[PDB]
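One structure below.
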Amino acid sequence: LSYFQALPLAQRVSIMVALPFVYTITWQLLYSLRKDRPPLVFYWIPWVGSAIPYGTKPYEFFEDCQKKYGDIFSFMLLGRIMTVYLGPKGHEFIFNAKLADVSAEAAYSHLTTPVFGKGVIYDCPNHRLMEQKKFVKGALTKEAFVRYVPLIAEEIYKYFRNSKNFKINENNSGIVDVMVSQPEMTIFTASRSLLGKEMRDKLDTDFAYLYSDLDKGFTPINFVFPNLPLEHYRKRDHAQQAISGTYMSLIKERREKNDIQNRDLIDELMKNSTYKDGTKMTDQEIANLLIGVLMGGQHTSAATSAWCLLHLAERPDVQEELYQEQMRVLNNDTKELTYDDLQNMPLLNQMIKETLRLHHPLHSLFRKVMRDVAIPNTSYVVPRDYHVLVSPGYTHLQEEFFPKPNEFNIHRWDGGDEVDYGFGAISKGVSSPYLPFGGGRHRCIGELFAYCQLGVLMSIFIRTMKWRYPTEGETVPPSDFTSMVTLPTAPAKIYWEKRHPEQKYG
Ligand SMILES: CC[C@@H](C)n1ncn(-c2ccc(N3CCN(c4ccc(OC[C@H]5CO[C@](Cn6cncn6)(c6ccc(Cl)cc6Cl)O5)cc4)CC3)cc2)c1=O
Ligand code: HEM
Ligand SMILES: [Cl-]
Ligand SMILES: [Cl-]
């Protein structure tokens with residue numbers, strides 16, 4: 001190092017920028033000597049790790065890692081080490097892990113707690129979240145869906161009429177960007193049914209911008225830096241307070257009038273948000289919980305109906321097959337749609353089921369390791385402070401589980417023990433290769449709402465329109481895996497025409 005100082009400046013600079021790369025390469029060579037750790041995927045760039053391949057093609061990244069290291073491998077991701085366990089055995093290891101070994105709230109809270117607010121979901125012990133899930137299910141019964149279906153349909157028909165994306169009472173055909181239309185239709189239908197009429201109407205005012213601001217705070221870049229003094233972090237914090245304050249205001253007005261019925265999720269939480277220990281949720285916490293429930297249905301559902309429309313755009317045979325089922329179940333379109341009719345549209349539901357296979361909206365689910373965990377039938381130990389990463393969406397796309405996994409075939413769906421974590425009996429095992437809604441204690445409680453919402457929506461699209469791509473030979477767009485959910489690359493335009501030009505919608 002006395003030789004170093006004699007070198008020309010450009011060399012001394014080269015050596016000094018090279019030093020971090022040599023140090024991390026050296027540290028990875030020393031790391032591979034531990035046989036009690038999963039293989040660490042090799043990476044060139046200090047700290048960044050494998051962010052680029054993982055962030056842009058996670059399933060292809062996983063597949064190449066699998067061929068080289070097996071089902072269990074670690075990778076460096078923006079200063080954090082993620083341990084992946086691919087396949088059914090991984091579903092079981094992670095989704096069914098013990099509370100003492102891994103924590104979802106420790107992995108997610110710095111991202112969700114500023115968006116939803118304090119005291120609920122991931123800003124509370126797990127046993128409280130189990131009971132919050134039980135409360136919310138009180139508004140997700142069959143009887144609730146019976147009520148929701150005509151409200152969701154009414155919202156969709158208003159949208160067809162009023163939205164500049166359609167204006168369907170004046171145009172017989174059009175081009176629409178499903179990445180514009182579907183997020184909007186999703187928030188209108190979920191508002192009207194879960195928050196009710198008062199809150200749905202506020203979306204016709206400038207209040208709607210607050211939801212947009214709240215959404216902007218909900219990006220994966222908040223996983224790494226949950227708080228910067230940035231403008232859009234400020235707008236997010238304002239929105240959470242303005243929105244939750246508005247829900248509390250509505251909650252209070254209802255309590256004064258005793259206007260507490262069986263209409264929406266606000267009614268349900270006002271009547272049934274008392275924990276087993278006799279304590280109960282505050283209005284601020286009810287409002288924060290409402291924010292989280294709506295947000296959990298927003299991106300997953302909008303992404304999914306966008307993919308349905310796109311896969312059907314290139315399949316007029318499937319559109320026609322679904323249209324035939326619609327005419328059988330709804331008596332040639334003389335019966336108003338009801339929840340029982342959706343339960344009798346098997347092909348419609350297989351179409352949603354198949355879209356969710358091809359496009360799981362959440363490609364990666366995470367838990368933080370809370371104490372060293374041995375991995376059964378390996379020599380690996382995953383140490384405290386790593387993260388484990390489970391990816392059912394990877395298994396959806398695997399030839400071993402689904403022959404010709406990239407083909408959209410709704411007829412592949414032609415056709416154990418239970419455990420109660422506190423929100424109802426669910427499947428005890430999670431070894432299925434197909435888990436669009438997760439499994440174990442953190443499993444989705446919105447699955448039937450999603451089928452209800454998506455089912456009304458696709459039922460009405462099929463009965464009202466035919467559509468295709470605007471250019472011949474165009475196909476399904478590629479996915480963008482960098483956002484909250486995997487969603488199609490925008491814009492994603494389809495050409496539609498009314499099946500009944502004379503029909504007026506409202
Ligand atoms: C620098 C290069 C660049 C290309 N790059 N480098 C890295 N990345 C990247 C990394 C990771 C990701 N991922 C990982 C995180 N992921 C994600 C994982 C889980 C998740 O949510 C799980 C929890 C929290 O939110 C919900 C979602 N939900 C559940 N049911 C329906 N939605 C949730 C649960 C309950 C409630 Cl009430 C609300 C919500 Cl939102 O569950 C959201 C996003 C998004 C993509 C994206 C990009 C990049 O883009
Ligand atoms: C097609 C639509 C949807 C899909 C694919 C989906 C998927 C998922 C998945 C994979 C999880 C587990 C997350 C994990 O294990 O880390 C989950 C959890 C959850 N989702 Fe959904 N979801 C959808 C719609 C909805 C809707 C409509 C709601 C509410 C109305 C909702 C609310 C929730 C809640 C409350 C949880 C519990 C989180 C926990 O217990 O930690 N989701 N969802
Ligand atoms: Cl009109
Ligand atoms: Cl459930």
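One-based numbering along the sequence shown. So this one's X-ray crystallography, 2.4 Å, going by the header. Read the numbers this way: they start at 1 and go in the same order the structure lists the ligands and their atoms.
The drug assigned to ligand 1 in the PDB is itraconazole.
In this structure, the main binding partner of itraconazole, as named in the PDB entry, is Lanosterol 14-alpha demethylase.
Defined by non-hydrogen atoms within 4.0 Å, the binding site of itraconazole is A51, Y54, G55, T56, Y108, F116, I121, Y122, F218, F223, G292, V293, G296, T300, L362, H363, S364, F366, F481, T482, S483, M484. Ranking the protein heavy atoms by distance from atom 48 (C) of itraconazole puts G55 CA, 3.9 Å first.
Within itraconazole, the atoms closer than 4.0 Å to a non-hydrogen atom of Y54 are 10 (C), 11 (C), 14 (C), numbered from 1 in the order shown. Here the protein heavy atom with the shortest distance to atom 5 (N) of itraconazole is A51 O, 4.0 Å. The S364 neighbourhood of itraconazole comprises atoms 18 (C), 19 (C), with distances under 4.0 Å to a heavy atom of that residue. Under a 4.0 Å criterion applied to the non-hydrogen atoms of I121, itraconazole contributes the atoms 37 (Cl). For atom 36 (C) of itraconazole, the nearest non-hydrogen atom of the protein is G292 O, 3.6 Å. In terms of polar-atom proximity, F366 is not counted as a contact of itraconazole, lacking any N or O under 3.5 Å from an N or O of the ligand. Of all the atoms in itraconazole, the ones that sit under 4.0 Å from a non-hydrogen atom of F218 are 40 (Cl). In terms of protein heavy-atom proximity, atom 16 (N) of itraconazole is nearest to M484 O, 4.1 Å. Scanning all protein heavy atoms for the shortest distance to atom 29 (C) of itraconazole gives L362 CD1, 4.2 Å. The authors modeled no covalent bond from itraconazole to a chain.
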